[PDB]
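This entry carries fidarestat.
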Amino acid sequence: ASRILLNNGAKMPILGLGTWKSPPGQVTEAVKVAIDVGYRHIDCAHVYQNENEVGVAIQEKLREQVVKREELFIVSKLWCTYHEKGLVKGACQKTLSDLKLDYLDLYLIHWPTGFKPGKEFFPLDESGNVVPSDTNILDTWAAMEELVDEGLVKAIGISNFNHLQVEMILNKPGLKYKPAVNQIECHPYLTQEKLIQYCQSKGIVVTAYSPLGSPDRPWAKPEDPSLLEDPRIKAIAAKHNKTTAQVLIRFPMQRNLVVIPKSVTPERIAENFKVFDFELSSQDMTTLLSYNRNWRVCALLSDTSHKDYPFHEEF
Ligand SMILES: NC(=O)c1ccc[n+]([C@@H]2O[C@H](COP(=O)([O-])OP(=O)(O)OC[C@H]3O[C@@H](n4cnc5c(N)ncnc54)[C@H](OP(=O)(O)O)[C@@H]3O)[C@@H](O)[C@H]2O)c1
Ligand SMILES: NC(=O)[C@@H]1C[C@]2(NC(=O)NC2=O)c2cc(F)ccc2O1
């Protein structure tokens, strides 16, 4: 099936288009192509600095009647410098304005770490450390709950939350809405079995980010492992007459995950959508799971000192 049911009773497309690092001069055409070929979920964020250009694409395709607003599933995220109760609404509203939407289908707390508010996304002290916010995740969650009750967003969720942090929200006194989604890094080198099982056990849908191992990540190094070039994964793809990327996308789909590969290349945008026509075997799935090495693309390395830094815990 192409959509998964969320605990808010809305349906979410299991395949979306990622937009981190998509250049502003290329992302409007990328999102136009993606909607033309069938994508109905766009993953965005204010920190990516391209929401205006994403929005231009969405609005044109609504105008052209290629799609209806109800058929789209648009996702954005609250940056770390906006965890303050009094800043959350304006951050959401700026995203809405830029995307030229009147609601978001899903708004996520981007990280459990809150940072000092201000112009800088990574505010630093004179010694180079990121300056934190004294706001805690539970008060940030209540501010997200307000957004639902104001009609700005249909669902709220979290991202890069470890199992104890998810539990902290689930156990929040006075909890009004559970998180619908936990968006986390997930691919054959970081298979996340524990955190996924916990989230699914609670009714929280997991979205897999960097599913191709983010080969365009700014800090990539030639000696890092490469999913797209892994000959073991290439061999599974060849067996199935699909590309390696297509296997990497289908793999989380069969774990009941949502997945959000990024591309600004039209050919690849289309390739990446052609994953509803084949099935990996259970053996294939277990083999791909065996490649785990707890290798992370996104570990927020500039702020491992934060109280709420998520990746010291084992999961
Ligand atoms: N919540 C968070 O903290 C968080 C963190 C990281 C990512 N995310 C989200 O997850 C999305 C996906 O993760 P990501 O951007 O890190 O990386 P990714 O989707 O794993 O990999 C994107 C890279 O793969 C290339 N690529 C795409 N399709 C390909 C194909 N079929 N064959 C060969 N290469 C292909 C892209 O190139 P081209 O673009 O040149 O075609 C780009 O260089 C992000 O864009 C963002 O929306 C969220
Ligand atoms: N270093 C990290 O782990 C994160 C990753 C990350 N990419 C992403 O999609 N979400 C993120 O937060 C990102 C994006 C940025 F625009 C800037 C920094 C940045 O850092």
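All residue numbers given for chain A refer to the PDB entry; the residues shown span 1-315 in order. Just the heavy atoms: all of them, side chains too, but no hydrogens, waters or symmetry mates, feed the values below. When a ligand or atom number is given, it counts from 1 through the structure's own listing order.
- Mapped onto the model, all copies of fidarestat cover ligand 2.
- Going by contact count, the macromolecule most engaged with fidarestat (ligand 2) is what UniProt calls Aldo-keto reductase family 1 member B1.
- Protein heavy atom closest to atom 11 (C) of fidarestat (ligand 2), with residue, atom name and distance, is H110 NE2, 3.5 Å.
- Proximity by heavy atom, under 4.0 Å to fidarestat (ligand 2), holds for these of the UniProt NADP(+)-binding residues in chain A: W219.
- In chain A, the residues that UniProt lists as binding substrate and that have a heavy atom under 4.0 Å from fidarestat (ligand 2) are these: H110.
- Here the heavy atom of the protein found nearest to atom 2 (C) of fidarestat (ligand 2) is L300 N, 3.7 Å.
- Those atoms of fidarestat (ligand 2) that come under 4.0 Å of a heavy atom in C298, given as number and element, are 3 (O), 5 (C).
- Neither the backbone nor the side chain of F311 comes within 4.0 Å of fidarestat (ligand 2), counting heavy atoms alone.
- In this structure, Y209 falls outside the shell of residues with a heavy atom less than 4.0 angstrom from fidarestat (ligand 2).
- Of the heavy atoms in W111, only side-chain atoms (C-beta onward) come closer than 4.0 Å to fidarestat (ligand 2).
- Rounded to 1 Å, the minimal heavy-atom separation between fidarestat (ligand 2) and the UniProt active site of chain A occurs at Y48, 3 Å.
- Under 4.0 angstrom from fidarestat (ligand 2), there are no non-hydrogen atoms of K77.
- With a non-hydrogen cut-off of 4.0 Å, the residues around fidarestat (ligand 2) amount to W20, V47, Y48, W79, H110, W111, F122, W219, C298, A299, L300.
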